[PDB]
Structure formats: C-alpha cells, structure tokens
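The block underneath contains the structure these notes are about, expressed in structure tokens.
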Amino acid sequence: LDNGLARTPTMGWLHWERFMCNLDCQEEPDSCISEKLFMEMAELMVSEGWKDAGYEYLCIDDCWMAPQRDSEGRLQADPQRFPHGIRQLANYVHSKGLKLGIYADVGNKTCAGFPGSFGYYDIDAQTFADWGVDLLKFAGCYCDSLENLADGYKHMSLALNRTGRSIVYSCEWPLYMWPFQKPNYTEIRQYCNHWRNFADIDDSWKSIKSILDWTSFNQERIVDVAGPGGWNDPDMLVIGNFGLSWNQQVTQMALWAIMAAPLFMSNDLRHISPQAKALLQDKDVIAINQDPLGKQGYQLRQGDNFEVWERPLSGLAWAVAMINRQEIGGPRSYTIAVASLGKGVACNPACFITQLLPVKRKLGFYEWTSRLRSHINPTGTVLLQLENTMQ
Amino acid sequence: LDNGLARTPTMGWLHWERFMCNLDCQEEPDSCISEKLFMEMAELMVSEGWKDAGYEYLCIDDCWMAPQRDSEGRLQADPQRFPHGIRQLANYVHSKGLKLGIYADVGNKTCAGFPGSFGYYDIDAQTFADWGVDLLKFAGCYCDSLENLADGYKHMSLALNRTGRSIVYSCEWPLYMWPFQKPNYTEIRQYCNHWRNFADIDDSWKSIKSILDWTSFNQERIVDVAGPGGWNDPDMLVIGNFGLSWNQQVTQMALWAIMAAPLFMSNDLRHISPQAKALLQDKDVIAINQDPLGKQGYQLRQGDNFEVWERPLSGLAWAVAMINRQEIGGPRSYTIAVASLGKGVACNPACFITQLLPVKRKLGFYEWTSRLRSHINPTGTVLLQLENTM
Ligand SMILES: *[C@@H]1O[C@H](CO)[C@@H](O[C@@H]2O[C@H](CO)[C@@H](O[C@@H]3O[C@H](CO)[C@@H](O)[C@H](O[C@H]4O[C@H](CO)[C@@H](O)[C@H](O)[C@@H]4O)[C@@H]3O)[C@H](O)[C@H]2NC(C)=O)[C@H](O)[C@H]1NC(C)=O
Ligand SMILES: *[C@@H]1O[C@H](CO)[C@@H](O[C@@H]2O[C@H](CO)[C@@H](O[C@@H]3O[C@H](CO)[C@@H](O)[C@H](O)[C@@H]3O)[C@H](O)[C@H]2NC(C)=O)[C@H](O)[C@H]1NC(C)=O
Ligand SMILES: *[C@@H]1O[C@H](CO)[C@@H](O)[C@H](O)[C@H]1NC(C)=O
Ligand SMILES: *[C@@H]1O[C@H](CO)[C@@H](O)[C@H](O)[C@H]1NC(C)=O
Ligand SMILES: *[C@@H]1O[C@H](CO)[C@@H](O)[C@H](O)[C@H]1NC(C)=O
Ligand SMILES: *[C@@H]1O[C@H](CO)[C@@H](O)[C@H](O)[C@H]1NC(C)=O
Ligand SMILES: OC[C@H]1NC[C@H](O)[C@@H](O)[C@H]1O
Ligand SMILES: OC[C@H]1NC[C@H](O)[C@@H](O)[C@H]1O
C-alpha cells in the first residue's frame, strides 16, 4: 500500500492471543478488555523499554465495541469497560509517544459478534480518523460472498485514504479468501500495509510449526511480493506467555525476523520474565526484522529434520537461521559450506559471522571455501549474521 | 512383584531420551553412550543433591553392548565405549552410594539391533547378578509372537529371582501386547516391579498430553492394580531439556506424582537450569510421589478444557492436581466444591490446603461447605495438598 507507512514491518502490542474476548470485568478484572488494561499496558511500554526497542503501536483487537451503534449509526466503545471512549484513550496513548490501533470487520458482524462494518465503510473510516486512531486491523468473519470480501477490503482501503489521516491498514483478506480461491497478492499489496495469510496463532509449538510449514510451502507465492509498505503477516509473537519453551521462543523470534514479519507482541507486560523481555528487545535481531532493504527471507534447505532459512539484508549482509526439528535427544550438529549461503555472495571472498541467537557470539572470519559448523538444540534455532568483507 | 523392592516408585536417571543411541565417540566424546558419561552422571548425582532427593538408580538403556556375545555366550559391554566392563562400573556406582540399572530385550535383538536375550534368559540374569546390577529394563522388540513375549517376561522374572540378588525388574510387557490383546495386569504385577504401558516419550508437550490422555482413558483397568512392588510406568521425566515450557514441566512433575509413576530423569545433569533442578528436587512433590500408601491417583473430572486429578495419601491426606488444557489466552479461573474432592472425606469437616505447584503457598482452612478457587496457566497444573483437620 503506497501510503508512506510500514516502510519497515510494523512493531507493537496486540491484545488478542493473551486476553482474547474476556468481558468479565467483575470476576476477571485484570484480564478483561478495558480502557484500564490498555492504559496500564501503554505505561509499561514506555517505562520498561518497549518503545525504545521499536514497539510503537498499542493495538486493540476484537471485543471493544458496544453491542449497538449509536443514534447516528457510528460505532461506539462499550460504556461499561471503556467509559472515557476511544478519542480520550487515543490522547493518552499519544501523550506517551505511542500510536493506537483499533479493530473492525468487513462483514455484518465482528468474529466475536459485535457490529460489523459492511455498509458503513466510509462512516467507520471517518470515525476512526476523528478518534485519532493510527492503525486498523480489519477481519473477515461473517462475509459469505467472495465479491463482498474483495469489495469491502478495497472500499475500506480507499475510505481510510480519503480521511487524510495516516492509518496503517492491516488486512485479513488473503486468509478469508483461501476458502474461495487463491489470493492475488499484487492486488492485496495495492490496498494493504500487511496481510494475514494463515490461521490464528496460539500459545503452542504446534502452532509455530504450522505457520512456518505453511509459509515455506507457499513461499514462491508470497515471498517476492513482500517489501516496504506491504508485508506478509504470520500473526502475533507469543513469546512471554506459557506454551513455548525457551528454544521455541528463540525459534519464533529468529524466524519472524527472517520472514520480515510485523512484530505484534501478544502477552502481559506486567508479568513477563527477564529472559523473554531480553529476547523480545534484542537490538540485533530487531535490526534484522527492521532491515531497510525489506526483502523477505525464505527456506533454503530442508532435510534430516533440519531447516536452513536465510534473508538478504542491506549492504551485502545476510541473516541465516538453522532450525532443529527433531524433538528427541540433544543438541545436533549441522554443517554447511558458506558458499551455499547468501546465493554464493555473502562470503565471497569472505564474511564475518556473528551468532545472534540463542546467545550472542562473534564466530570469526570465514573464507569462501570454508565450512560453518553449528550445534542446534531440539526445537531451537541458531541465528547468524553474515557480513561480507575483504579481511 | 513380591521381591521386597520398589515399595515406593523407583527413582533415578536413565539415558535414553536425552542421549539415545549415540555411538559416535570420535566426534562427540562427551555425549556418546560410554563408561565416561555414566561416571559423570554418577558424580553429579552425588555432588548436586540428586541422591539426597531420592534419585538412587543410575540406569543404562539400549546401546551398551558389543555386537557379539563372547565365546561362552555371555553378553559383553562394548570394548571401546565401556573398556572396564559393567561390573567395574557397578563397583564405582556403589562406592558413591548409588545403584546400577542395565538394559536387555526379551526378543532376538534389542530395539537398537544388539544381542537379544531370547534363549539366554538364565545366562543373562546370572551375568547381570555377577556384575552387581541392581535394576533391569527389559524391552520387547523383535518378538514375533504373544506367547513367546509372555513366556520370556515370565522366564526372566524367575531367572532374576533365582540368582539370589535383589534386582528391580522393569517390564515393557503390556506395551508390546496392547495392539493385539488386552493385558492381564494381575499377571504382569505378579512378575514385574513396574511396566511401561504406552509409547516412548519425547521432548514435547504433545507427548505429555498423549500419555496423560491414554492414562485417563484407560484408568478403569490400570489404576487399581498399582501399589507397593508394582507400578504403572508412563515413561521418563524430560524436565531439564528443551521442548517443554516451564508450565509444561510443572505439569509433568505434578502428574507423575499423582500417577505414582517411577521417576526416571532423562536429561543432562551437567547442563541443567536452576529452575528445573529445584522442580525435580522439590521435597514436597517427591513426598507425594513416594507416599507409602502407594495408591495411584486418577482423573476425577474433565471438561471445559480443564482436568482435575486426585490421589489419596496416607493419614487421610489427598493430592489434587488441576490442569488447564487450553493452549491459548491467559490464566483461567477454575472452581470446585471441596466436598467433591477426596471422595467427600478430604475436607470433612474441614481440611487445610497447601498449594505446592507452580509455587508453594498455604491457602488456609476450608470448610466442608467451601469452594476451591484457582487460576491455572495454559498447559500448566496447580498441585495442592489437602490435610484433613479431624
Ligand atoms: C492516499 O493514496 C495516495 C495514492 O496512493 C497516497 O499518495 C502517495 O503517497 C506516497 C508517500 O506519501 C508518495 O510517494 C512519495 O513521493 C515523493 C515524491 O516523489 C517522495 O519524496 C516520497 O519520499 C520517498 O523518499 C524519501 C527519501 O528521503 C523517503 O524518506 C520516503 O520514505 C519515500 O521513500 C515518496 O516516495 C506518492 O507519490 C503518492 N502517490 C500519489 C499518486 O500521489 C496518499 O499518501 C494516500 N494516503 C493518504 C492518507 O492520503
Ligand atoms: C524371589 O521370590 C520369593 C517369593 O515371592 C521372594 O520372597 C518374598 O520376599 C518378600 C520380601 O523379602 C517377603 O515379604 C516380607 O515378609 C516378611 C514376613 O512375612 C515381612 O516382615 C515383610 O514386611 C515382607 O512382607 C515375602 O513374604 C516373600 N514371599 C515368600 C512367599 O517367601 C523373594 O524375595 C525373591 N527373591 C529375590 C532375590 O528376588
Ligand atoms: C448482511 O445482512 C444483510 C441482510 O440479510 C444482507 O443483505 C447482506 O448481504 C449481509 N452482508 C454480507 C457481507 O453478506
Ligand atoms: C492481479 O491483479 C492485478 C491488479 O488488479 C491485475 O493487473 C493482474 O492481472 C492480476 N493477476 C492475475 C494473475 O490474475
Ligand atoms: C527368534 O528367531 C528364531 C529363528 O529365526 C525363531 O525361531 C524364533 O521364533 C524367534 N524368537 C522370537 C522371540 O522372536
Ligand atoms: C488374570 O490372571 C490371574 C493370575 O494369573 C488369574 O487368577 C485371573 O483369573 C486372570 N483373569 C482373567 C480375566 O483372565
Ligand atoms: O475475534 C477476533 C479474531 N478474529 C480473527 C482474527 O484472525 C484474530 O486474530 C482475531 O482478531
Ligand atoms: O532402543 C531403546 C528403546 N527401546 C524401546 C523402549 O520402549 C525405549 O524406552 C528405549 O529403551
């Protein structure tokens, strides 16, 4: 989408995976979807280093709306859980230097059952602009027609543009098109800043595997269309929660960087381990994800329960990620000729290789003819950066 | 098995899940199956608190043998990887106050392809006794009929007995007859100290779920046969490795206690996090697993992606474990009338409830009318001990 936004993958926090559609502010006050939750999460984004690391957008997912529209047909925030409304929450977020994301649906209803935007696209776009929203996640539930789906996504895109307000437009168009026909990605990119391709993530290693496997399987369709202003979205980062081991968390961070994915944390910043914080705030790995060249990475190799992925970066650098998919035993040895990496360019005549994950270590100079030997933990990933040099 | 052993579930360390059948001592000398590896684990079992916690048996799994038997038909350990021989390794292990487990197969080969014990049962038993072995894991690969499977497991049982040495006998009998015929657990118990029921574990949450699910599904026929001298074996603890989250590790520890399972760690004691060490050495949770009554726990409830399991303990005490099987979102609230716990006698007229996992906390006195409210992390378990006030 040619709107001057998302020139690098958008970074921020989105409530869905960790907080879902909890409406019980009586029995579950700390996890219910409320202005207080977003206020507190905003504060922590500032005070705990997230904004400095790059996490800029504080985004509300589904279940923020009142059951009805108002007397003017405009969307409202629920009056019990968001008494001060979206406009004032938007002021609170901007005063902290952050930006605000909100959520809406192409259909008659949102996935959770609240008012959809079908037939109100221009009204909703303007309300979002008037409120000072900075990002829109636009879902695809309760749309049974292919024509409607495409029409709605296109219409809303233009409707946002017409408000004159800079709003990152996050689409679920391709995901909700899979049931009808293969998506046209040139068209989707024309209208969207990023796009969900695959099923909702959850707090499990199974879910990570499935996203990587789908992405690698479909990579000839989706990799080359990614670039500044239009990214593939493999869904939220779930590092910091309950279901991934340390190594699985490392795999997610590594591969989301390799994949030029948007980085939307879905976790609780009030209760997050120092280990997870440091991984999520890892300057070098974020720098890979945010590389200005903006070329999405891909799977180079697959075999013997190993995968090798790589991503080209600016200034002749490459990130290389090696996964061990064997879920039994101990650290497994993997070796590759550095001339097979980075299309034969990375280490010609030589490169300097720095290991970034699971720990940071300078590995040294590698000649074009030489071999990189690495040990990889089960369900873990080793992430390296290759700097082309003459020394 | 009426041999005076495994009066509580056997506790120790077994190499398989973490080290498998690595024969490459040339390229990976510190992780290949060798005399050195078990020496290191033995030392660490003493110096790092494992023995004191209860982990007593240092057990060798498959891939310790030489390819051939010797010219007398006795099994041998691999000459390069185990240069001093098993007996010498047993001497070492005993000098540290520990006990030694070895591995063998009822069929024509071990699962990894080394000499099986079929037709050598009495010879092998005696060799193991002469070596000073203290435990035998006896697998079921390369056995072509149910009759010879049963015959072999029975024969070896008696053969071990007749050596006059005390040897914990770990069977895989039920696992290998399950696909063809329902097992008679009364018979298995008669011959075995514990028995593997289900597929090999690995370093994943998927594998943990599968074991729990199979165990709960089959509980009507395996729970009541367990007791001092005969335990159900849901396989090794994999806490300390790579594939389980903290909460999934907690779930394994909690449920293995509830299940009166043998506690065989399979990990690397040279590289293990303080978090995992403390969970594996948790005095209160081990005390549940080791409860002298020896009555296996069971699933009480299942619904709304929650499970409740419970185990009766000595002196009118109970353990209760609550699992959250929903793998999305955050800590979920679960509530239950304490009168539904412990068959209605745990908290009559009252009980004192101490949460043990994921952290230890006194919860206080609960009346027979009361309700236990708890929040449980996704893929996590909360473990409580109920003390009847009387
Ligand atoms: C509504 O839709 C229209 C049409 O798509 C859209 O207008 C487009 O906006 C982009 C970016 O704002 C314009 O592209 C710019 O062109 C100018 C002049 O050539 C460049 O200077 C811009 O900067 C580039 O280079 C800079 C170097 O320092 C970089 O910092 C910067 O990131 C850019 O790479 C940029 O290329 C584009 O020209 C228009 N298109 C048209 C047809 O006018 C509009 O913004 C949409 N949204 C809204 C809210 O109106
Ligand atoms: C080989 O098999 C025989 C027969 O099963 C075993 O004998 C049994 O050994 C146990 C444990 O020592 C005896 O139990 C004990 O009995 C005494 C007194 O009755 C009691 O004080 C203890 O608390 C315990 O119950 C058991 O009675 C005995 N059974 C018989 C029938 O003799 C023997 O242990 C086995 N030998 C080896 C080397 O495995
Ligand atoms: C919403 O419902 C109306 C009334 O039945 C219908 O006309 C319209 O097609 C529905 N919207 C979508 C996206 O199908
Ligand atoms: C995809 O859409 C674009 C823009 O609408 C169009 O020009 C192009 O031909 C389409 N591609 C295919 C393969 O249909
Ligand atoms: C072992 O092999 C022999 C010879 O092939 C065969 O007769 C016997 O049935 C086998 N025994 C078992 C237990 O599989
Ligand atoms: C199981 O085996 C025991 C002991 O061998 C025997 O007494 C019992 O009757 C058997 N039960 C069945 C159902 O075959
Ligand atoms: O119900 C909300 C839900 N809708 C569908 C999306 O794919 C999810 O990420 C989430 O936004
Ligand atoms: O080959 C060894 C392997 N055999 C099968 C057993 O069930 C496993 O636990 C392990 O001991």
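Order of the sequence lines sets the chain letters (A, B, ...), proteins ahead of strands, with each chain counted from 1. Every number for a ligand or one of its atoms is a count from 1 in the order of the listing.
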Ligand 8: drug: 1-deoxygalactonojirimycin
Greatest-contact chain for 1-deoxygalactonojirimycin (ligand 8), named in UniProt: Alpha-galactosidase A
Any idea which other chains have a non-hydrogen atom closer than 4.0 Å to 1-deoxygalactonojirimycin (ligand 8)? B
UniProt substrate sites of chain B near 1-deoxygalactonojirimycin (ligand 8) (heavy-atom cut-off 4.0 Å): B/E172, B/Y176
Provide the organism of origin for chain B from the PDB annotation. Homo sapiens
Tell me which other ligands or ions sit closer than 4.0 Å to 1-deoxygalactonojirimycin (ligand 8). none
Binding site of 1-deoxygalactonojirimycin (ligand 8), heavy atoms under 4.0 Å: B/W16, B/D61, B/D62, B/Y103, B/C111, B/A112, B/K137, B/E172, B/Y176, B/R196, B/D200
